[PDB]
Structure formats: structure tokens, C-alpha cells
Amino acid sequence: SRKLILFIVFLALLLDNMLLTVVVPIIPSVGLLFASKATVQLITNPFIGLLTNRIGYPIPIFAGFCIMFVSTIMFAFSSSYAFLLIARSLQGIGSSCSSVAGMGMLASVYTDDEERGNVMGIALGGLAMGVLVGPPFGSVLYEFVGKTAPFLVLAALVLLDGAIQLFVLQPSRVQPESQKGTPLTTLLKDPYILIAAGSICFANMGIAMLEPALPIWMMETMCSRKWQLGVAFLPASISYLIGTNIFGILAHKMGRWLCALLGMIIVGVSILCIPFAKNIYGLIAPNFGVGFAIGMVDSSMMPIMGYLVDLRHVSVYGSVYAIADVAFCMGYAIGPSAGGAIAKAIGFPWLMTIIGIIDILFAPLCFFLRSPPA
Ligand SMILES: COc1cc2c(cc1OC)[C@H]1C[C@@H](OC(=O)[C@@H](N)C(C)C)[C@H](CC(C)C)CN1CC2
């Protein structure tokens, strides 16, 4: 059925993101390792995009379990920096495979735009939920048992997920797609695919510049307590969960172009409002708005990728969702380091204001998605 595939993609994304996050609080126990996974995923996304059109979705969505499970074990038994880096790179390839192949399969199964909206919303809700229950899970287990409890529990969990894969997807038989998909070059030459991918990129780059540089600006102006840095962003996750689980539904009613436009403005007018907050209490509302609007944008531009592909090019979703994932991961690849560097160069408030201005100025470019020609 289709709901089984939806649940399998949801659980895959959830477990992959629990892993990306769980590792965060264990690494201090600092260089390019934090972005190794993201940049490796950015490298290996288009390859899965072209591979899903050559061998099918199952085999390259099941290769997620076989690879992420190896990472979750390699992290469980990591001693040197080289082992940690190769484990994070293997995770990155696993997250690629899972995200690209799973979103492509969700697009190829739910062939109606209205239902594809809700399905992509639910999958991104899986992403958000995994990110939300990640740091808790890891820490709790790290403090109560040791540095190997979270990784072994997630190994068991991805093993169960891979069993569901083997007994639902049946990747035993290779199966090429029905028609030759449009080459990635032509897809990237289109203006509307570029606009949607750019919207997702800019939104996620704003978040990924905010997150690892807000504790820095906090410990020097607010003098917040140690645990305050943890709650300083939990509103963003919770709001992203809410937004990307409800707007996958609300967007096709409101109009995906309008949802994305309003989505980015809200991102802009919230990120711009972060530097004006002086105390942790005043930091909540703009962070909530940031998360809510990032969800507004993501759940509304993820269906529109497959929609534009169905409306303009041939109906093969591997390459276009590889493009959208590249958009995503560009943020968590470049944004953290570049934002830290810019904050050290000019200043964190000016960096957040630049991000906000760029987002508010780029938002009106989403009106071009009101009615694209065929
Ligand atoms: C390991 O270290 C990290 C820890 C964390 C992150 C990245 C890290 O490294 C990369 C991101 C993940 C975000 O979101 C996501 O992954 C998802 N949106 C998907 C679409 C990428 C999240 C955005 C929402 C609050 C709006 C913010 N943080 C949470 C913790």
C-alpha cells in the first residue's frame, strides 16, 4: 500500500535525524567534523538522483539502512578523529540515500498534488520530530548509561526500520523506471525549479546560521545560565514540527506560492527581530516565528518540486528531489562556518540582519510560482 511507504519514509527520516543530532552533544566528549556529513550529502545527492532512475527506489532507499546502521555502529566504537570523520561521512551518504530516495518514492506513489502536499508535510514532520527528540534522547542516555547507549539503541531502531524495509519494500529485485528522466542539467536550467530550490536554500541557511551562533552572542550580552542555551532553540524545533505537519495540508488550500511567499517574509521579519531581543524571555517569540515560517516554506515547496516536474518535464522525481535536498544541505554545509566567520568579521546582529534582509527581498520572487506554463 501507500501508507506503509509513507510510514517507512517517516521512520527513515526520523532515525537519520535522531542520529545527526544525538552525535552533537557527544563530540565535545570541533573542526570540519560538524559539517562533514552535510557536505558529503551535498556531494552525493545528485548521484542518488541519477541512480534512482536507473535501479529503482527500493534498492537505493534500503541502502540507507545498510549504511546508516554502519555509521551508528562506527560512532558507537569511535576512538580517534579519523574514525569519527569517516563515521560522519558514512552517515552523510546514508542521509542522502534516505532523504532523496524516500522523497522520490513518496512523490512517485502519491501521484495527486493535493495528497502529495500532506504526504511531504508528514515526511518533513518526521524530519522535524527526529530533530526535536534527538538531543533529549542522546543526553538522557549519555548521562544515565554511557557514551554508547544512544548509538546502540539507535542501531537497534534502524535495524527494526530495515526489517520493515525488507518486508515491505522488497529490494531484492532491481527495476528501472518507466521512462527516461530529464537530465539534471535541464532541471537546473529551469527558472521555477531554481526559484523553489533557492527559497528552501535561503530559509535553511538562515536557520543553520542562527543556531550555532546564537549561543555565542548569548554568552556575552545576556549572561544566560548554562541550561538556558538549550531551551533557547527548542521553540524553533517545536514550531517547525507544528508548521510542517499542518502546512503540508494548509498550503494547497491557501495556494503554495502564497504560502511560500508569506513563509519567507515571516522568516525574514523574525530573524531580523532576533538581535533586538535583550533577554532570554524576549528571544522566544522571534525564534518561534522563525521555526513556524521555515516549516511554512518547506512543506510548501517540497510538493511544488514534483508538481513542477509533472507540469513541465517528464514524471521522474529522483533528480528534482536530489536538487531540493542539495538546497537543503547547502545550509547545514556552508552556513554554520560562514556565519561564524561573518559574525567574527562584522558582527552577529549585522549577520542576522543581512539574512533577514536577503530573505525579505527574495520572498517576492515566489509570486512567479502562481501559475507556471507547461
Ligand atoms: C549535529 O548537529 C546539529 C544539530 C541540529 C541541527 C543541525 C546539526 O548539524 C547538521 C539543526 C537541524 C534543523 O533541521 C533539520 O535538520 C531539518 N529541518 C532537515 C530538513 C535538514 C533545525 C531546524 C528547525 C528548528 C527549523 C535546527 N537544528 C537542530 C539541531
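Sequence positions, counted from 1, serve as the residue numbers for this chain. Whatever order the structure lists ligands and atoms in, that order sets their numbers, starting from 1. Values reported hereafter were calculated over all heavy atoms of this structure, with side chains retained and with hydrogens, waters and symmetry mates removed.
Found at ligand 1 is the drug valbenazine. Counting heavy-atom pairs under 4.5 Å, the chain with the most contacts to valbenazine (ligand 1) is listed in UniProt as Synaptic vesicular amine transporter. Transmembrane segments of chain A with a non-hydrogen atom under 4.0 Å from valbenazine (ligand 1), numbered from the N terminus per UniProt, are 1, 5, 7, 8, 11.
Among the UniProt-annotated serotonin-binding residues of chain A, those with a heavy atom closer than 4.0 Å to valbenazine (ligand 1) are the following: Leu127, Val131, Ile207, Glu211, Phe233, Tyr240, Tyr332. Measured on heavy atoms with a 4.0 Å cut-off, the binding site of valbenazine (ligand 1) is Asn17, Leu20, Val24, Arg88, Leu127, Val131, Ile207, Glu211, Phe233, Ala236, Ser237, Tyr240, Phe328, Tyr332.
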